[PDB]
Amino acid sequence: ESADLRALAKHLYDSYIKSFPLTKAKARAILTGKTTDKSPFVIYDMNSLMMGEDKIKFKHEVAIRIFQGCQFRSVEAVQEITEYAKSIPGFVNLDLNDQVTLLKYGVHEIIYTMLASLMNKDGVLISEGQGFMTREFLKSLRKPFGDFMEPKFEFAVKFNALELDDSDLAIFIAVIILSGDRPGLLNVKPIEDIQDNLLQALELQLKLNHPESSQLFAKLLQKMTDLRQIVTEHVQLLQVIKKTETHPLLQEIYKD
Amino acid sequence: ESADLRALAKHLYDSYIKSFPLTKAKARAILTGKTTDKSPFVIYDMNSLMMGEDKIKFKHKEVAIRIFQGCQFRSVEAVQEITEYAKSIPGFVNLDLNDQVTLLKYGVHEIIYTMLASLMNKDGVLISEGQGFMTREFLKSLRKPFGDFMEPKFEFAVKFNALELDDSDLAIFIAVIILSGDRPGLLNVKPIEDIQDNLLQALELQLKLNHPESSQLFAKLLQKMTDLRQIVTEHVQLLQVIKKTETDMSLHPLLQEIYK
Ligand SMILES: Cc1c(C)c2c(c(C)c1O)CC[C@](C)(COc1ccc(C[C@@H]3SC(=O)NC3=O)cc1)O2
């Protein structure tokens, strides 16, 4: 019944709010919004990063130090997503090796998804939204690194064209984690039974929440392919990056 | 209204029977055994193959290369049919002309491997209008580069075939593929994207009437549009290996053009 999907929907939004500090509705204000409640330090020069890097609350060559920090968050979101996943009804009851797998692979698609929420066409928010690093600056970086985030900007700008909100992404995010075609799973029926349930709940969500936006649920699913390619070809930089910087205890934190 | 979509569902099925002579319904009857009039000749090793040329017509220099140029000739004949089918898609011929070409350049191969599964099972694939059948094992067993071309298509086919789509559904899905905004180099994307909402609308309603028990098949089907791109990519690159280990073997120009 609809009452049950609407239930599971509210459920997942709630976990989404608890598990994820910086929400999209929150970041949208902080971004180009007109609210003067605060003003993120903008990073645009080389002469503004190191001037910001003194006054900010960062926890850590420049083209490399910039990369490493985008890796500090990846290791953070990995935890936020994991905690969110545990609240997805049935996820903890799956076989445990299977949970690790679903998360091993979904993490990289969940990250770029919610990164699109901190992104507009000119840059991206940083450090809980206390920063905005311009896209023009990120292109300007040493050749192994200059096209690091350019694909994610390009993809974000399309994904945001959909005008999803946090209530939409919550159910969307969940569908990714339950992909059920990940390498190496062992009991696949329950993963799919859950995904079907979430995919149902997504469909009713966008229909209730964007009745004018027609066939939006169908457009959203094909953005999941756009993601699987972003991640495919993001690994191809992440391998070639192991052909530049060439820590022991740190490499263990960041390994893969 | 419902009925507008069911009319568009019928129109595309009708173009589909007329544009493709090897439907999934023909393929599935040859493969099963519903007959003794349409049984195929099976090519399980080299020695079969020289006999199959006696008993079937293949207008075909070594074996891995002639089998491969075999796939080329068929590919070219495949593009010609999809180009024909595309022309029947309401609105497609009304687009900007440089865009028709673009949608076709990028869509033609996602579609080939889609309807290739119609002709595949776990054990092999139908060749020559269904007159033959080449074991997956034989295809894995060809010379170092070529014995890998068919395998991911076999892999995609076994998952895809599991959806149990018939021709009435595939006709709509093929047309959802062609009309894609996401194609690089497209001039005016809104009129394309507007068509596809309607094609998608049709596919959603079609997949529900034709497959009620099968929950979320529309969703599930839209997902496998990911696996196609991954097979095109894997091909394009492995196709570049051949053209430089094999600088004597040629490439049909149509294929050559639609391959940037
Ligand atoms: C003689 C013959 C063969 C050998 C045959 C097929 C037919 C119809 C034949 O008549 C079809 C299945 C098939 C396994 C070919 O299936 C493929 C079709 C396309 C492709 C990709 C090619 S490669 C390229 O550069 N562009 C393509 O379409 C690979 C396998 O082998």
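A note on names: the letters A, B, ... follow the listed sequences, proteins ahead of strands, and every chain is numbered from 1. We count ligands from 1, going down the list as the structure has it; atoms in each ligand are counted the same way. No hydrogens, no waters, no symmetry mates; every other heavy atom, side chains included, goes into these values.
- The chain forming the most contacts with ligand 1 in this entry appears in the PDB entry as Peroxisome proliferator-activated receptor gamma.
- At ligand 1, the drug present is troglitazone.
- The heavy-atom neighbours of troglitazone (ligand 1) at a 4.0 Å cut-off, by chain: B.
- Taking UniProt's list of rosiglitazone-binding residues in chain B, a heavy atom lies under 4.0 Å from troglitazone (ligand 1) for B/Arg74, B/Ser75, B/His109, B/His235, B/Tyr259.
- In terms of UniProt domains, the contact of chain B with troglitazone (ligand 1) runs mainly through NR LBD.
- The set of residues with a heavy atom less than 4.0 Å from troglitazone (ligand 1) is B/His60, B/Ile67, B/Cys71, B/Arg74, B/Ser75, B/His109, B/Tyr113, B/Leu116, B/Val125, B/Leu126, B/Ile127, B/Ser128, B/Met134, B/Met150, B/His235, B/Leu239, B/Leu255, B/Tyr259.
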